[PDB]
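Caption: ifenprodil together with 3C-like proteinase nsp5, bound form.
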There are 2 protein chains.
Amino acid sequence: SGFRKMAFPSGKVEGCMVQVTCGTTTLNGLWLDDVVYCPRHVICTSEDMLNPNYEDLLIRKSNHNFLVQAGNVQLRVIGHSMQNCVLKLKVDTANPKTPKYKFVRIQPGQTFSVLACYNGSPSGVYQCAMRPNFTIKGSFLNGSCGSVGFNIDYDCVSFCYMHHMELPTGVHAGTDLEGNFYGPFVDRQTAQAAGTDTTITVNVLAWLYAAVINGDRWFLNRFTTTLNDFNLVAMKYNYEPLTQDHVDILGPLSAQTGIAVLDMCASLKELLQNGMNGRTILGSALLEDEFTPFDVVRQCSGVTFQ
Amino acid sequence: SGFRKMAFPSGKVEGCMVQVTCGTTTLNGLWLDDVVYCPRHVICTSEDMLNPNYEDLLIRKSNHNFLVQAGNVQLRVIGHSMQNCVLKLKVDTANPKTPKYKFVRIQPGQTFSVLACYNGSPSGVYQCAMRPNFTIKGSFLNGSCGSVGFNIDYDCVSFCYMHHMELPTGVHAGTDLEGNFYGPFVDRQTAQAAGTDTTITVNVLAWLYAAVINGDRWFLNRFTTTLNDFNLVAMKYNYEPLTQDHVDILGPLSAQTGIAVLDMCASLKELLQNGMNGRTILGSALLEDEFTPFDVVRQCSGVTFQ
Ligand SMILES: C[C@H]([C@@H](O)c1ccc(O)cc1)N1CCC(Cc2ccccc2)CC1
Ligand SMILES: C[C@H]([C@@H](O)c1ccc(O)cc1)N1CCC(Cc2ccccc2)CC1
């Protein structure tokens, strides 16, 4: 029936996006209940970003300096406070479109949808993963900050990312909704370089199962391997080490397809050592690593939401 | 700032999705104003699908046989009629969430977002193109039929696709919202094979411009070409022939980057003749053809919507 990189439907998050302007800076915020969440660097000028002292910059700001606009209607700020790298703007009206939601801090390897916004207005939606180096490979231009990453389970929106910074190398860094950066990144314009971008081995294996379920099977071979043996090969190619937990997580895909996890590892090994010789898998000429096992089961089984 | 395959935000379409059940068949419909649109094969059994006579099958159906459910609320069918391959179910309540919208029949090469649904509930969202052979490469399982494809311009939803059929080869066929199939496909379980899947040359060039704007430039060379010369090469590799209209459409990307369209064609030629030698472009090991020139400008410039 086919396999595609798909995002969660975005409507529940669309209804939470607002525009935050402090002085000459405009970016996005997230309106849940009577609180608007946005990056604290909204209070900075472009100059401030080299060496900002956020507590000091904050002292000069009052409730009325934060202009918050929900589509065409202005929201009244009745309180503000800084939590880590985010600002929480208390407004006098609960967002009537607040969905059921949680704040979750995800682990590397975990996937989520991003609703890219500009001036509190939604631009587009795409799927991302937290890379093992704690960056993400997004699509963000100036004014996109405060765009959020999320997952949905039936009717609950688990928000996991807010966008803050682009590194000189074109990749993206940001926070959870408590304002704590993923990785060692900070909201300052300095020399911060990303570490090694390793491949999320468990996600590649999940995606190979997805290929098999959809008819792409040329890469299945007559071999098997061990975790230890496979991991010697993974390390050489900058792949996350595979653990027994990962094997356990792939158990459902294993069961449905009748290909043992270690046999699929031997398929992956051979693809790493020999390449794809110009062939493709689910329409890709390289090995996709931004589907989780849970992603594969969900799109392959057709789970939906409130 | 990065470049990603992104769909339009899906909320406006989410609010139009309903479930249609006729007998033992459940699939999705689209509720706009006081009309629900759905595939006419909702009236078929699995057996009927080999050789259905839709007019005859329809005679046994009445308004009350169409069960239409909008989330948890039932809609009253007060009229029904068949238009080409779709059924229009007149209900007694206008959808309060009807967005501004149009019905457009797109051309091959044109891109759109699909909101995959199951039982009137949204599952996920992804970007697609009408292939030159009038198929699309989607992600659709049983019960997905009646899922729609759309574009948004600011506040207007232009619906262009409704999903009807999977061909034996794993690709997808469907109609415009007047119920007319794209291509020579029909809503009957028969031997219908897709034609040659040619690459959408104009979209590849657009995406190479996108790469250059984002820092990927290793494939720019010291050469140029002519339309005629380039097209000899395109034909050999099953690429759509490039026309002066295409060149004109790429004019804005040409202008912004200062790479002439024909110079970019010579880059493409070299990539076709020599391959990518294991390198990548915007994170792909093959040449993406499901971004339009207009797509590139939009994500690269940050256009948003009501
Ligand atoms: C593979 C999936 C899904 O259930 C699943 C995915 C991943 C898992 O880890 C577990 C389950 N099922 C869905 C039902 C399909 C029935 C079918 C057969 C032939 C033609 C048309 C339809 C057979 C495959
Ligand atoms: C390329 C895009 C966009 O406008 C566009 C895209 C495709 C077109 O066909 C036409 C225009 N612009 C956006 C503004 C950017 C300003 C900038 C420069 C340096 C650092 C940060 C920001 C420079 C590039």
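In what follows, chains are A, B, ... by sequence order, proteins preceding strands, each numbered from 1. So this one's X-ray crystallography, 1.7 Å, going by the header. Read the numbers this way: they start at 1 and go in the same order the structure lists the ligands and their atoms.
Tracing ifenprodil through the model gives ligands 1 and 2.
Counting only heavy atoms under 4.0 Å, the other chains near ifenprodil (ligand 1) are A. The protein atom (non-hydrogen) at minimum distance from atom 4 (O) of ifenprodil (ligand 1) is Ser301(A) CB, 4.2 Å. In terms of protein heavy atoms, atom 21 (C) of ifenprodil (ligand 1) is closest to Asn142(B) ND2, 4.3 Å.
In this structure, atom 18 (C) of ifenprodil (ligand 1) is not in close contact with the protein, since no protein heavy atom lies within 4.0 Å of it. Taking atom 1 (C) of ifenprodil (ligand 1) as the reference point, the nearest protein heavy-atom neighbour is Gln256(A) NE2, 3.3 Å. Protein heavy atoms all stay at least 4.0 Å away from atom 15 (C) of ifenprodil (ligand 1). The PDB lists the organism for chain A as Severe acute respiratory syndrome coronavirus 2.
The protein heavy atom nearest to atom 13 (C) of ifenprodil (ligand 1) is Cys300(A) O, 4.4 Å. Closer than 4.0 Å to atom 23 (C) of ifenprodil (ligand 1) lies none of the heavy atoms of the protein. Within chain A, the UniProt domain with the largest share of residues touching ifenprodil (ligand 1) is Peptidase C30. Ranking the protein heavy atoms by distance from atom 9 (O) of ifenprodil (ligand 1) puts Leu253(A) CD2, 3.4 Å first.
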